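Below, a PDB structure including doxycycline.
Lettering: A, B, C, ... assigned in the same order as the sequence lines. Quick note: numbers on chain A are straight from the PDB entry, i.e. 2-208, in order. In chain B, numbers come from the PDB entry; the residues present are 2-208, in order. According to its header, the structure was obtained by X-ray crystallography, 1.9 Å. Basis for what follows: all heavy atoms, side chains included, without hydrogens, waters or symmetry-related copies. Read the numbers this way: they start at 1 and go in the same order the structure lists the ligands and their atoms.
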Protein chains: 2
Amino acid sequence: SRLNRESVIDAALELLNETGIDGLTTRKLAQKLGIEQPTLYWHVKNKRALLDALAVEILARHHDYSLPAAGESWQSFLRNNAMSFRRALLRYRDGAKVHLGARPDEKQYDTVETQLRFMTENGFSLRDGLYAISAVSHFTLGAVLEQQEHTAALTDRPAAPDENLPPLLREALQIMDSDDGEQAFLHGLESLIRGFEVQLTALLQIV
Amino acid sequence: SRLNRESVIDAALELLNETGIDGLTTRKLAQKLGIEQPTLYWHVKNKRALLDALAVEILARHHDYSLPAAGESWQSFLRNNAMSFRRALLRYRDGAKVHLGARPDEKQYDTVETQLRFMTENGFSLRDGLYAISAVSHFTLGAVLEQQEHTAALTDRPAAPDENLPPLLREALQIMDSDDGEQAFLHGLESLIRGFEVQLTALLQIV
Ligand SMILES: C[C@H]1c2cccc(O)c2C(=O)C2=C(O)[C@]3(O)C(=O)C(C(N)=O)=C(O)[C@@H](N(C)C)[C@@H]3[C@@H](O)[C@@H]21
Ligand SMILES: C[C@H]1c2cccc(O)c2C(=O)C2=C(O)[C@]3(O)C(=O)C(C(N)=O)=C(O)[C@@H](N(C)C)[C@@H]3[C@@H](O)[C@@H]21
Ligand SMILES: [Cl-]
Ligand SMILES: [Cl-]
Ligand SMILES: [Cl-]
Ligand SMILES: [Cl-]
Ligand SMILES: [Mg+2]
Ligand SMILES: [Mg+2]
């Protein structure tokens, strides 16, 4: 079939949903596209190049809140940003593992530079704005990785028997399993953002 | 060599450091131990059982702050807990990916039940105490996963050229690369803990 960059990415993303990241291979990608392995190699040199490409394109296609609204508060920005990033990550199987494989690509430079600029324009030092940005990013990635890898694990083997589960754990597992960890995520996100505002407002005060 | 549970885990942990999680296989484990594949199978049925086992034993051996001190504040507990968990995760290559592969094992039930009990005894509902616990866990796992997967990626291929890197990103990457993300982690951790205290103290007040 067609092997322009866009069509190769569509095919790889389709495969990632069928196989997960551990089982995606350039060999299965060639089979999906109806081509021989040496033909694919011209286009895609190895799995790492593919995964670097997917990490960028997933956000390009599906992460719609990279940039703040005109007049948006930094608190509202981090909230809308984190929600949009979580969604984009959860859209593909093993999405958070796909993202973690790289730091900002050249194609993202403009976007992430503006993010950093925006924090600094709202009273943060670059260092403190970068710590806020990183905290949000990592909190969100860990939350999504736990969701996703819980699915992976379950398809091999069932959860343990609650013959043995003590009461609060039973109840807690039932709690993290009533939605797809959204409540836990949104509650933790507000905690994080307030934590940051307390720090920013304190200036040089012992706090 | 010896194939009691303990010696099998020592050998697998040694292999994980040599190969990383993606490349650890029951075949290379058999070679390390000097045994045939069918002999290993008696002891270790597949990679998933092995990885579930490693996730538990890494914390059993190297995570020394699972439980609060007598009279410790919940704020001090979450801080010491998170620091000890980060260290235990960073001790082995791809440690955070090893952990994420499962939820609490039966062998951990007693520990994690006590953690949940402790929050509830310090003014949190089980739901809010579980959200604090989860937020900390996920923040810490994301921070460690990013560190570790940055190493994995670099061994394939170099970071991009700063011919193109805009100024704040250059400076930010230089910032997340001056220690092993410890400063960013400790700063975000204090933000998270304060965020939680603001929430707990507010009770029913609009906040
Ligand atoms: C500033 C970026 C950065 C700086 C230094 C080291 C890094 O590894 C990064 C990133 O990887 C970032 C992301 O991945 C973003 O998710 C990122 O790339 C992204 C985006 N493309 O819109 C975001 O929305 C960001 N968001 C907070 C989750 C976040 C970035 O802000 C950073
Ligand atoms: C309460 C546990 C839990 C509840 C519901 C769903 C879960 O997936 C979990 C865990 O996985 C926990 C951990 O992994 C701990 O890291 C966990 O197992 C652990 C430990 N063994 O000492 C910790 O120190 C915990 N810490 C906050 C990082 C954390 C646990 O509190 C939870
Ligand atoms: Cl075609
Ligand atoms: Cl073509
Ligand atoms: Cl021996
Ligand atoms: Cl033996
Ligand atoms: Mg990133
Ligand atoms: Mg866990």
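The ligands or chains attributed to doxycycline are ligands 1 and 2. In the deposited model, the macromolecule with the most close contacts to doxycycline (ligand 1) is named by UniProt as Tetracycline repressor protein class D. Chains touching doxycycline (ligand 1) with a heavy atom below 4.0 Å, listed by letter, come to A, B. Within doxycycline (ligand 1), the atoms closer than 4.0 Å to a non-hydrogen atom of A/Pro105 are 3 (C), 7 (C), 8 (O), 9 (C), 10 (C), 11 (O), numbered from 1 in the order shown. Considering A/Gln109, A/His100, A/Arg104 only, the shortest heavy-atom separation from atom 13 (C) of doxycycline (ligand 1) involves A/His100.
Of all the atoms in doxycycline (ligand 1), the ones that sit under 4.0 Å from a non-hydrogen atom of A/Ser138 are 26 (N), 27 (C), 28 (C), 29 (C). Nearest non-hydrogen protein atom to atom 4 (C) of doxycycline (ligand 1) is B/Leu170 CD1, 3.8 Å. Nearest protein heavy-atom contact of atom 18 (O) of doxycycline (ligand 1) is A/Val113 CG1, 3.6 Å. Among all non-hydrogen protein atoms, the one lying nearest atom 21 (N) of doxycycline (ligand 1) is A/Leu60 CD1, 3.7 Å. For atom 31 (O) of doxycycline (ligand 1), the nearest protein heavy atom (residue, atom name, distance) is A/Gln116 OE1, 2.6 Å.
Taking any N or O of A/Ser67, backbone or side chain, at least one lies under 3.5 Å from an N or O belonging to doxycycline (ligand 1). With a 4.0 Å cut-off on non-hydrogen atoms, B/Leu174 touches doxycycline (ligand 1) through its side chain and not its backbone. Of all atoms in doxycycline (ligand 1), listed by their number and element, those nearer than 4.0 Å to a heavy atom of A/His64 are 19 (C), 20 (C), 22 (O), 23 (C), 24 (O). Across the listed options A/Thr115, A/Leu79, A/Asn82, A/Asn82 owns the non-hydrogen atom lying nearest to atom 27 (C) of doxycycline (ligand 1).
Nearest protein heavy-atom contact of atom 32 (C) of doxycycline (ligand 1) is A/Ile134 CG2, 4.1 Å.
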Could you pull out the N/O contacts under 3.5 angstrom between doxycycline (ligand 1) and the surrounding protein atoms?
| unit_1 | atom_1 | unit_2 | atom_2 | d |
| --- | --- | --- | --- | --- |
| doxycycline (ligand 1) | 14 (O) | A/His100 | NE2 | 3.0 |
| doxycycline (ligand 1) | 22 (O) | A/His64 | NE2 | 3.1 |
| doxycycline (ligand 1) | 22 (O) | A/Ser67 | OG | 2.7 |
| doxycycline (ligand 1) | 22 (O) | A/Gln116 | NE2 | 3.0 |
| doxycycline (ligand 1) | 24 (O) | A/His64 | NE2 | 2.8 |
| doxycycline (ligand 1) | 24 (O) | A/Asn82 | OD1 | 3.2 |
| doxycycline (ligand 1) | 24 (O) | A/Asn82 | ND2 | 2.7 |
| doxycycline (ligand 1) | 24 (O) | A/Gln116 | NE2 | 3.1 |
| doxycycline (ligand 1) | 26 (N) | A/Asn82 | OD1 | 2.5 |
| doxycycline (ligand 1) | 31 (O) | A/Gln116 | OE1 | 2.6 |

